[PDB]
Each structure stands twice: as structure tokens, then as C-alpha cells.
S.K.: 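This PDB file has lidocaine in it.
Residues: numbered from 1 along the sequence shown. Just follow the structure's listing: the first ligand is 1, and inside any ligand the first atom is 1. If you check the header, you will see the structure was determined by X-ray crystallography, 2.3 Å. Side chains included, hydrogens not; waters and symmetry mates left out as well; all remaining heavy atoms used.
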Amino acid sequence: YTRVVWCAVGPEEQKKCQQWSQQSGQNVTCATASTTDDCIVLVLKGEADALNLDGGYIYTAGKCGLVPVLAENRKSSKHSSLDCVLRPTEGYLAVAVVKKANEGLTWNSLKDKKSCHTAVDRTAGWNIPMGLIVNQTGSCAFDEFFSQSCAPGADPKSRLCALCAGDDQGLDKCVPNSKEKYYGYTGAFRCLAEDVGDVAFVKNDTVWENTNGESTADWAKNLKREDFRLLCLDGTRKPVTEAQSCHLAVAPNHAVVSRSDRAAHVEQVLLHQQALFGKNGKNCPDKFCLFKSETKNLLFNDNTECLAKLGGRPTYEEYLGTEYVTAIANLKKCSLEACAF
Ligand SMILES: *[C@@H]1O[C@H](CO)[C@@H](O[C@@H]2O[C@H](CO)[C@@H](O)[C@H](O)[C@H]2NC(C)=O)[C@H](O)[C@H]1NC(C)=O
Ligand SMILES: *[C@@H]1O[C@H](CO)[C@@H](O[C@@H]2O[C@H](CO)[C@@H](O)[C@H](O)[C@H]2NC(C)=O)[C@H](O)[C@H]1NC(C)=O
Ligand SMILES: CCN(CC)CC(=O)Nc1c(C)cccc1C
Ligand SMILES: *[C@@H]1O[C@H](CO)[C@@H](O)[C@H](O)[C@H]1NC(C)=O
Ligand SMILES: [Fe+3]
Ligand SMILES: [Zn+2]
Ligand SMILES: [Zn+2]
């Protein structure tokens, strides 16, 4: 039974998965795909067993019968007596970030600016802000709100891809995987840091992890938190230290999904895998560390303490929460039930 086939998205996650595979005695093996949607299809076909997904994709996967199995849990200063694997998930803060030097830019003056998104269909980088924007303008032309953007996964010849740069060679412009320079939390923030965009739609944790010497990548190496500002919904700007009172929403954590008939087996293998390669696991950091990838968030986010049990044996709708599930349905009206593949 207990071989789990992970689905990696892109060549970089593939490399990391191959390392995990080798260190696991081939308990985990790897399948690769160019996009998250493709990976979901591989899981539906039964050619892969699982992968960690942002909440927006969990919505896509859930409609096709896939279920949440274990969720990412980061550091917290409450619930601590309880062990990480048993602790409830706090969710993360979706935020809109701008440069302080870019004075006078607020939530009320984003029209015609340049934006940086993690990817299309993702929670913090797309679903939350575009949902909020459609709603406030009473219009579905969200592709004409910003003058130019980098929204991995949109038509590469549309304005929503204009700011994306592709890989080393300019190839793969706008693909929704790490090959694209401005993909994901880190990529979208880089897009803002290099002044390619006016605002980045990421999470709270991204800002802190790539400023004040926390990174060391050459583009982040000199960034300082005082150079950035959060855009609050009230038309006000605040230091990044004010996220708890200046965010767009709380997002449910990224979670591992698998086909329902495979959930229990995937779950067992993963709990044994994090005991070996997790934060203080038998072989981290001496041999391989599952939750570390040099600020690239490959397979899993780098700030992950552990993969936690769910409790309540939640369906995907209960896991995402009815608030966030109606938000996505209304936004997708711009482009009630049925699986896409
Ligand atoms: C937003 O994100 C930062 C980092 O993810 C949080 O600050 C971390 O908080 C932990 C304890 O919760 C501290 O021990 C770490 O030292 C902090 N990290 C760093 C790198 O500074 C912060 O709690 C979050 N703020 C809000 C309002 O959510
Ligand atoms: C966009 O607006 C719609 C319409 O109000 C929001 O959907 C509603 O959300 C509330 C709160 O969850 C429910 O009580 C309503 O029933 C929903 N209405 C409809 C028509 O479905 C949606 O939340 C908004 N999107 C965002 C991102 O805020
Ligand atoms: C960590 C995964 N959670 C998602 C929130 C499973 C859950 O169902 N948790 C939960 C808790 C702990 C308290 C109140 C309400 C909810 C539903
Ligand atoms: C692989 O899984 C098997 C089955 O439980 C376990 O006995 C073995 O020790 C595991 N090895 C590693 C390194 O995970
Ligand atoms: Fe996310
Ligand atoms: Zn809030
Ligand atoms: Zn239930």
C-alpha cells in the first residue's frame, strides 16, 4: 500500500520532490506537471495521490471530489501547550502592499495602476482582491481595472501578463509555476520590490520574510520594512506592523488534498514523513528538510511548522468556510456547481 505519489508543479518542485523521494526510501515518489490544475487532473486520474494547495485551488479540487487531508500550520503564541499536529489553523492575512515612496496611493486610487498577483485563482493574490474590486465597481471587467499586471495563468498576450518576465531566458512568460520570475507569494512581492508593479497582493508573512536581512536573495537583500505600506480598506495606509488591523481578509491555510478513497493512506504516510523531515525531525536539518527551500516555498510554504490534522473531518466547503466559498462563486460568475475537468 504505502507509497504516495506527490505531484510537483514545475521543474523546481520536481527537483525538490526527487530529493524527498530519495531520502524517503522511495516511500514518496514523484509525478510532475506544468500547472496546479494539471496536477489536480493527475490526482483525479489516479496517477498521483496528493499535493499541497492554496485555498483557491482547493475550491477547484473540491468540486471534483478531492478532499482536504492535513493543513499547513505556522508559528503562533497561543494554543502552544497543544502540539502542532493537534492545533487548530489560524489562517493567514491577505494584504495589499505598496512602496512608502509611492505617496498618495491608496485602495481608492488603484485604478490604472500596475499590479502584481501570485497567480490567477489563488486566495491572497487573486480571489480576495479581484472579488473585492468587482464588487466595488459593479463590473466584471476586472481585466481592465489595472493598466498592466503580472497575474500568472492569464492569457500571456493580455495586459494581465504584461509585467511577467518568464524564466532565465524569457521563456515561459506568465506560466503559473516557479519558472516564472514573479510567480507566487515571493514572486509577486519581488515584482513590487523591483518597481515593476505599484501594488502586490500577497500575505502578511511574505513582507516580513523578505525584508531586513531575512532573505539574502540579491533582490531582497536591501529591503526594509519601513519602505513598505499596507493598503487598508478604509482608504488609509499603515506600517506593515499593523496587519491585524489592515488586511483584506483572513485566508484559510494551504492544505494537502487527495482523492477521498486515498485520504487515509496519504494521511498516514505524511504524518510519518514529517516526523522524519519536519521542523525537529530525525533527519532535519542533517539530511533533508521538507519545509525549507530558500524562500521559494516549494511543495510547502517555508514558514510551515508542521502539517496539522483537521478535526471535524471537514468537507472542502466547511474547510474553506461558507464566507470564502460564496466569494469565489460570485467572482467566477464573471468568467453554481460542476467539476471543470
Ligand atoms: C505576520 O507575519 C510575521 C511573520 O510571519 C509574524 O511575526 C512572526 O511572529 C512570530 C511569532 O508569532 C515571531 O516569533 C517571529 O519572530 C515573527 N517573525 C519574524 C520574521 O519577524 C507576525 O506575527 C504576523 N503579524 C500578524 C499581525 O499576523
Ligand atoms: C462580493 O459581493 C457578494 C454579494 O454580496 C458577496 O457575497 C455574499 O456574501 C455574504 C457573506 O458571505 C452572504 O451573506 C451573501 O449571501 C453573499 N451574497 C450572494 C449574492 O451570494 C461576496 O462575499 C463579495 N466578495 C467579496 C470578496 O467580498
Ligand atoms: C485546522 C483545520 N480546521 C479548520 C478551521 C478544522 C476545523 O474544522 N477547525 C475548527 C476549529 C479548530 C475551531 C472552530 C471551527 C473550526 C471548524
Ligand atoms: C518508509 O515507510 C515504511 C513503512 O512504514 C517504514 O517502515 C520505513 O521505515 C519508511 N522509511 C522512511 C525513511 O520513511
Ligand atoms: Fe495562498
Ligand atoms: Zn479581519
Ligand atoms: Zn462536517
S.K.: Across the whole structure, where does one find lidocaine?
M.R.: ligand 3
S.K.: What is lidocaine (ligand 3) bound to in this structure, taking the chain with the most contacts and naming it as in the PDB entry?
M.R.: Lactotransferrin
S.K.: Is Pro88 close enough to touch lidocaine (ligand 3)? Criterion: a residue heavy atom under 4.0 Å from a ligand atom.
M.R.: yes
S.K.: Give the numbers and elements of all lidocaine (ligand 3) atoms closer than 4.0 Å to a heavy atom of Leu310.
M.R.: 1 (C), 2 (C), 3 (N), 6 (C), 7 (C)
S.K.: Is atom 7 (C) of lidocaine (ligand 3) less than 4.0 angstrom from at least one protein heavy atom?
M.R.: yes
S.K.: Please report whether atom 16 (C) of lidocaine (ligand 3) has a protein non-hydrogen atom at a separation of less than 4.0 Å.
M.R.: no
S.K.: As a test of the contact definition, would atom 10 (C) of lidocaine (ligand 3) count as having a protein heavy-atom neighbour under 4.0 Å?
M.R.: no
S.K.: Give the UniProt domain of chain A containing most of the residues in contact with lidocaine (ligand 3).
M.R.: Transferrin-like 2
S.K.: For lidocaine (ligand 3), which atoms, with element, lie under 4.0 Å from some heavy atom of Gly311?
M.R.: 6 (C), 7 (C), 8 (O)
S.K.: Which neighbouring residues and nucleotides define the binding site of lidocaine (ligand 3) at 4.0 Å (non-hydrogen atoms)?
M.R.: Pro88, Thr89, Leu310, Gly311
S.K.: Name each N or O atom in lidocaine (ligand 3) that is under 3.5 Å from a protein N or O, and give the partner atom and the distance.
M.R.:
{"residue": "lidocaine (ligand 3)", "atom": "8 (O)", "partner": "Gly311", "partner atom": "O", "Å": "3.1"}

